[PDB]
Amino acid sequence: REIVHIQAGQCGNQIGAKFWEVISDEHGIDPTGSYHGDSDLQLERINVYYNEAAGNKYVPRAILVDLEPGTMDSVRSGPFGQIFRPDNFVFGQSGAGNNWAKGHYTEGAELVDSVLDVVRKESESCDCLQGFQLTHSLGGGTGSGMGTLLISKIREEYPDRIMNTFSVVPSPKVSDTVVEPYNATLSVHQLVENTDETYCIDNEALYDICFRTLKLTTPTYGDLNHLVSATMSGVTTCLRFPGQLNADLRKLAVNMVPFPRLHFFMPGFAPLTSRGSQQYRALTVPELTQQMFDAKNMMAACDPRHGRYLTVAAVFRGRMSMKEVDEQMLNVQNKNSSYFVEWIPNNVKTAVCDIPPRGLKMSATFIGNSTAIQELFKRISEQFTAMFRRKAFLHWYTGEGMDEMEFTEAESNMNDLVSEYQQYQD
Amino acid sequence: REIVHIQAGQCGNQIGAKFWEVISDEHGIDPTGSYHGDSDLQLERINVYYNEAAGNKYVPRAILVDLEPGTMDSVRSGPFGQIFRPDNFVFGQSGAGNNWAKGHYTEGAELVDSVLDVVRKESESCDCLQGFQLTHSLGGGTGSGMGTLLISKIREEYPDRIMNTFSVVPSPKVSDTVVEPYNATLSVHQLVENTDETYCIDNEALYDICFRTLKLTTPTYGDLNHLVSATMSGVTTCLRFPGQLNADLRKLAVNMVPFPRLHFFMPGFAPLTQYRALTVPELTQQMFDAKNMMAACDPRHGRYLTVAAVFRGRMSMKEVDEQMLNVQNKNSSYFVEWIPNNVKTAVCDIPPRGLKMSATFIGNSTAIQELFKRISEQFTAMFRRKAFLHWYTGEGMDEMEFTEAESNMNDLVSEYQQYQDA
Amino acid sequence: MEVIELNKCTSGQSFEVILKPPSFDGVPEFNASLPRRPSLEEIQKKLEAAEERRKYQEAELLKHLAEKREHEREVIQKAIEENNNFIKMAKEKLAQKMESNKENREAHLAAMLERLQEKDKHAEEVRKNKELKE
Amino acid sequence: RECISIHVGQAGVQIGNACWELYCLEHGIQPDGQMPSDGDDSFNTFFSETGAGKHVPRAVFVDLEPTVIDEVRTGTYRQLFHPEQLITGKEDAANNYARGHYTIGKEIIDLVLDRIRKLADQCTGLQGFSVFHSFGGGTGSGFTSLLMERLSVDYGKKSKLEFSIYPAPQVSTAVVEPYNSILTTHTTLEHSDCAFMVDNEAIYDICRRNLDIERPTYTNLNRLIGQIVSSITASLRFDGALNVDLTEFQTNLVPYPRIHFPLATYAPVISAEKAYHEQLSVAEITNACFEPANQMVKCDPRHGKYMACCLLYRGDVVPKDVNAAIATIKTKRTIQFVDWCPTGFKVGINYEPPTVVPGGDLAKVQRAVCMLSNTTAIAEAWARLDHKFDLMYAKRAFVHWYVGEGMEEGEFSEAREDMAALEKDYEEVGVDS
Amino acid sequence: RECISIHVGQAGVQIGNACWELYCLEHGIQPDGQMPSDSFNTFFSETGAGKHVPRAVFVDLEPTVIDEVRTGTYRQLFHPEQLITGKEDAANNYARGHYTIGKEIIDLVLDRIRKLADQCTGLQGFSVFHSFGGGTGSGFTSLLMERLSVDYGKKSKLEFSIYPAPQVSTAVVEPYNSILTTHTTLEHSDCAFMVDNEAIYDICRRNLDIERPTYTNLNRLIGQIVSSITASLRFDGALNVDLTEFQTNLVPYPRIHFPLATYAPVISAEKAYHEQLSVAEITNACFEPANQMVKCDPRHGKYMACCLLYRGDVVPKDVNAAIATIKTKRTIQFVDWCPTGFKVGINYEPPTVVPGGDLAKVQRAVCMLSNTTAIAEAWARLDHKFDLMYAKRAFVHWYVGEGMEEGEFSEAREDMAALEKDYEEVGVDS
Ligand SMILES: Nc1nc2c(ncn2[C@@H]2O[C@H](COP(=O)(O)OP(=O)(O)OP(=O)(O)O)[C@@H](O)[C@H]2O)c(=O)[nH]1
Ligand SMILES: Nc1nc2c(ncn2[C@@H]2O[C@H](COP(=O)(O)OP(=O)(O)OP(=O)(O)O)[C@@H](O)[C@H]2O)c(=O)[nH]1
Ligand SMILES: COc1cc([C@@H]2c3cc4c(cc3[C@H](O)[C@H]3COC(=O)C23)OCO4)cc(OC)c1OC
Ligand SMILES: COc1cc([C@@H]2c3cc4c(cc3[C@H](O)[C@H]3COC(=O)[C@H]23)OCO4)cc(OC)c1OC
Ligand SMILES: Nc1nc2c(ncn2[C@@H]2O[C@H](COP(=O)(O)OP(=O)(O)O)[C@@H](O)[C@H]2O)c(=O)[nH]1
Ligand SMILES: Nc1nc2c(ncn2[C@@H]2O[C@H](COP(=O)(O)OP(=O)(O)O)[C@@H](O)[C@H]2O)c(=O)[nH]1
Ligand SMILES: [Mg+2]
């Protein structure tokens, strides 16, 4: 098939931008220009991620959405700014948000159509559609509330085609607001119901990796982001690249999720961090795997251990041998055989690809549907359950025009999800 | 009288071709041509086997039948190819068969009439008809199933006239298919009920003679057939040849069979496969041998009902009549006393193949049962847990139809076995 | 000894040496029978009732055979009947399983589409609840 | 007066063919034409003098295939009959009485029965028919009986004489032979006035001791029967007492209704090569007359009694000898004359010397004899036959081939059961009180 | 007479592509043109006045695979018409093929194939190659097969199925997919050739000695088997061959029985000069648990029909002496009621292997097709997988989602239950 991409909400935006510019120079694209890497591969599938307009140029099938100017003009002036087509930007003008309510109801619906329509003109343009990947922030409004609407309006116009997100679930540590739970728990309700798959990048791991295991004292929003970026490269790999599989996202659903309740994957990466070393290269492949299936190395605040694995997909990248890899992978599912659902016979498949990411001559990455993920939900609920208790900051949405019962009804959707994951440790 | 001949089913065909060309050059016929043997005899009775068309030429009264081209065009291109009349070939196109069912029901009736009719135009052509001799394979479809139908349609249009066959009953050694029993036992039922006489050439003796007593290590279908061919020459001899008797096939029924149940003759040949010195004692001895019969069977384990034997060459009924007798004494035991003269013997002055001295043997012996009991034994054990059967169930047959043919056979056995009495 | 001369002719002569006479007063009666079969042209009609048996056997075993004959015609027929008769079944239970498919997904669809439609007569009927607090 | 030969049946035919041959040789008949040689008839006994050259027999040949009959229409003698006296049935030999007497016979019986009247239509007062046929064997086992049935219906008085050929294990044809004789001879016996059995195993056997051939050819046998047959008849083709006219044939030979089959014995059979040793004692020819080995039906009348006796001589022979030779026959004899039948010895010298066929086997005989005796012992042969039959029928042997052509099994039990009567009839005459 | 190859399904396609390759090499076909150097007509139709072209159909529901056929040589060897590409949505569930996405293309395919048997004076049947598990060849295959039977009642059909092997396999859902297809499918196939990768792969270890097995690698090996399998009816068809006798000769019972396959001397180049393999050994090694085709062993199960297809310089006098000696050093195991099958098919024609290749010049090779109870063992290992997933609706709702009744599942697996008993049931009688 072939996919298009929605990138909404200040975070979701930087995430996608720092994404776009990492993958773009994997395939050898200049700020506008075309190819500049006399290595051949790259382009077979450049397909899936780039509609290509006049002359050379390559232009990503990407749509930019926000409810305040600023954060787009940070991509426009900056990185690979000159890449995205101009009528593909959808600036909101408007009040920011930073309350779901704003972006899902008031200033939300305000835009919807303007965006909903440019999305149509790009997906109707594309040859046979796959689905959409949207990148957004699960806490705080524009893209927690907008994006969750967006989907609940995509799905509906596109019920055949499938639904993907990278959601950044917020922390108490380098988060901004003490409304976050409200926003996450409101989106997270929406999420569960209309994505066929979602990746959770929890900022908590994202911080924890940055300082607790990467020397870095004051974690930038950048020296932090480059993480998620690099993860996202290595998660999409297969649908971007060679001959082996190619992965219809569909294929990556009905292979990753046993259960309708879209079960969100924690990702995990291989070797990591900023610039100032650990390009040792000597990341032997035992050494790669070991570091990949690690608690202190997952993309969500979660240590598999306290949760068995449902199904798992891991892809390697570089110049090595499935000779060692297929061998190595197996000594994991034994020296770990216990936590790994036996009732799903082959729950772990493994791919190789000859073209490295970033620096790295050897680099893998990991997609993981594990009951372990519940840990993370139970936590947002924990802050929420304790806040909405004596109805704390709430009167802040009551006002943008929501119902009291709507929180509980989203709360005990969550509080179910938990109690289903926990149920599948059977 | 005068006879016509049906040669149906890839085996039945080679058998009849290798026949036709052996007998034809006994009478001195060229691929088309006429006579080329300044010896006189030959032609009196050339009659009985050859209707003769324009100019010289001689053409056999023969009809060729198959449900797939191939095997005729193996005669057409080949031996005495140019002999047979073209609108006498009846190619099937069609699926092969290799299930009786195919050749007796589906692709079978498909052709019937086309053949049945050419047979009519040849028998209505002939002066006073004798009957028909059909050569066919009792195991595997086209001619186990076709031929069996054919007769069960001949008989019916020709109830006066009489019914002959050379049936090749198949083995487990140099047979082809694990269905054989089924086909045989199906035909064998049919056989019993509408032939007035049948000869059994069991491939098992045919093999056993070829290797067990004839040096030959990998038995061809050819270096194998020439056996049956030769036998068939020497079995028809009398109705083809001189003055002595001449044998109305009729005459050869009501002399060979005491019992309606058509009792099939095992044949036996003389020398096989050129010392000449085949003294005649030496001939008889080798002829009335276990290791020399045309059906897997060793008379011993069966008495003889009635037996007919013809000698061929320049020798003397002076020694032969004398020799035959010293058999029916050094063997007197096994030889029904309740049929006074059960053994007659003929001489004829013109040798077959190579051979200056050569005889052959026609044998109605309760011994033959041995062979039927065997097909039954493979069958009885197969149709048991209804093995490959669902293969005919499909072409549209009945379960009970097998049992009803099985316990026809298994009767036949138990009648032959019954006539070891006095 | 005496002879007894019986005729004399152009080309022969006969007699009798009767040698000793018999031991006689006449005697026997050995199938010299008092009812003994003078026979009769009427028994051509004995030649017939034998040939009405042949005409029989022929006509009732050409009957025990057009009998066989016309079962055949019905086996090859119950096979055009076997086949024809299973096309018409697994040919039709094919498309029957295919209305059960376009129909069932017609549901799990426009009933998935159903949820995401009063999620919407709620966005807009509690934005006309924007007119509430303010 | 006159006399029609009927030869139904392949054997009959050839036999006919080969005694008609001898008829000619004897009367002076070049195949085609006249006796043209340098009272009013005498040879007319058998023949009618047609055209104004031709001599032609009073003959009929019937067989149900051509084959045999044709050969008559091929080789000289082919001129000697009318094509009309030569009925060929082109259809289906047979090999069972059932065939002839019923199935295939029905067909031709009319055309035959016809011609033969057509033949006795010339004839100022016919006498009867001598009818020659094979005992066993399809159409002359079978058809012979059918012929004979009708014959008796059409010629009530006029008497009938069968020359039967009783079949011999070695020089025979088919398994079913017994069934066939026994079958015919049952039906046949009530319609024939006297009947000449001829057993091959006796002729063949003679052609061994006498003609010294390891060989016996069909033809061989025939000329020999041919000869006897000459001597048998010919009393009535030459006219000279000792029986001429058929009625003298029962009168002098059968004392009882039951067809009795006289025993035959030709005199000096002797090969050429040896033909110049001759002069055979008018006594020896007689002595060798009473010779088990020199018989005609394999048996012996040392075992049985005699109930009528009959010498037919032929050659330079004045009775004064015969008589002296009878005398000496009786005292060196187990003579055995039964009880109640003074002593038959009708003697028929016949002057006319007995020409034999010129290629031949036998030669110039200046005196020969014939001896027709009815003796109980002729039964022995009936027994040998029955027993064969008996033992086949005991298992329906081939039965169903006749039942098939359309007979009742009951013809069988009821036929063999007639031999049962005859075999008792025979032994019954034996040595009385 | 004639014979249409149908390759549905990505596996089937590549397999096809790589035994059609072997076909050519064997018959003398330069990709484009003629053998310029009937009988071979068994499969092909001699079109134009130059080019030889197969009786072939390829179907898959994405391009990708099929395109590679229209790229590299052999790209000249088909019509673009025999090459159906469905551009749309691969799948990975039977529910996909057999119902959702299949519905779309079934017509256009069902078409072309008749169009193809429209040339053909009396077709014989189709051999259909497809993957056991895996979207469109699990799914569509079954759909194809339904329809086929409706349109060619008599004409018999032969599946070549690839039974999927935990290590060199694709998706979790594979069990569901085979068990699904093989239920529907089994009513409509007249005999079916299972091929299990874990046996091929496993052969390419002991025999080809590659730590590697490449997809292509496996293919050329199956390709070979398939050559020997067929080719009774391509080469020796100088006249009278006709299925119904590969048939008649192998399955004793309605239930589609999947014969067991076993190629003879597989042996690498580098090692190609050691040759002269005992006409006895190729036979002895034929009866070799390790040298099989479907991972299992007939030491455990009984035999109910047996069949040797030789290929090379071979007079029977040997084969026979080599059977004899196979009899006495054997747990031979011939079941009860089927006197000893041993249809022997020597084929004179030596077995050309691919020139780059892996295997080399073989002067004599064998094949051995046997229907044995033991072939069940593999049906068990499959079922059990399924059994244990379904025990928790595992992925069910993805099929239910595209529009199936759950009851197709219980009612499918419950057919295997039947077959699995059927199988064991034949075993050692009274
Ligand atoms: N003595 C003698 N017997 C013969 C002759 N020809 C045949 N026979 C015998 O007659 C018996 C059978 O009679 P056939 O004349 O052969 O048969 P048929 O029924 O009269 O005529 P067909 O229909 O030709 O069979 C056999 O026992 C033969 O031995 C012959 O020329 N001389
Ligand atoms: N032996 C063999 N197996 C293959 C090959 N290609 C795929 N497979 C197997 O086939 C099974 C799945 O079938 P696929 O052909 O891959 O999928 P499909 O439904 O037919 O086609 P897609 O729509 O492309 O998914 C897996 O177990 C694979 O191991 C091949 O070339 N050789
Ligand atoms: C695009 O993303 C990917 C998707 C897949 C999934 C996947 C996922 C599985 C799985 C199998 C498979 C299957 O082999 C693939 C075929 O197509 C895919 O998308 C697959 O077993 C357990 O989980 C496999 C991937 O490689 C590990 C992958 O790499 C990023
Ligand atoms: C055409 O085939 C033949 C047929 C006959 C049979 C045959 C068969 C007999 C038998 C006799 C006779 C009889 O003399 C024959 C007259 O016509 C025949 O067909 C006969 O006693 C026991 O079995 C006899 C034959 O010669 C032995 C013969 O030769 C092949
Ligand atoms: N890791 C990642 N998370 C971010 C980033 N910016 C904000 N967030 C997180 O997302 C939450 C708010 O998302 P944001 O994009 O600022 O809100 P919005 O743009 O108005 O939708 C905060 O709790 C942050 O922890 C970003 O730079 N990267
Ligand atoms: N001896 C003889 N038997 C043959 C020949 N060909 C086949 N058979 C036997 O007959 C059986 C099959 O007959 P076949 O002619 O092949 O079948 P059909 O032609 O379709 O009727 C096999 O078991 C063979 O053993 C032949 O050449 N000669
Ligand atoms: Mg697929």
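Chain letters run A, B, ... following the sequence lines, proteins first, then strands; residues in each count from 1. Looks like X-ray crystallography, 4.2 Å, at least that's what the header says. Note that ligands are numbered from 1 as they come in the structure, with each ligand's atoms numbered from 1 the same way.
Lab note: of zopolrestat, cefuroxime, podophyllotoxin, dibekacin, cefazolin, drug at ligand 3 is podophyllotoxin. Here the macromolecule bound to podophyllotoxin (ligand 3) with the most contacts is known in the PDB entry as Tubulin beta chain. Chains touching podophyllotoxin (ligand 3) with a heavy atom below 4.0 Å, listed by letter, come to A, E. According to the deposit, the name of chain E is Tubulin alpha chain.
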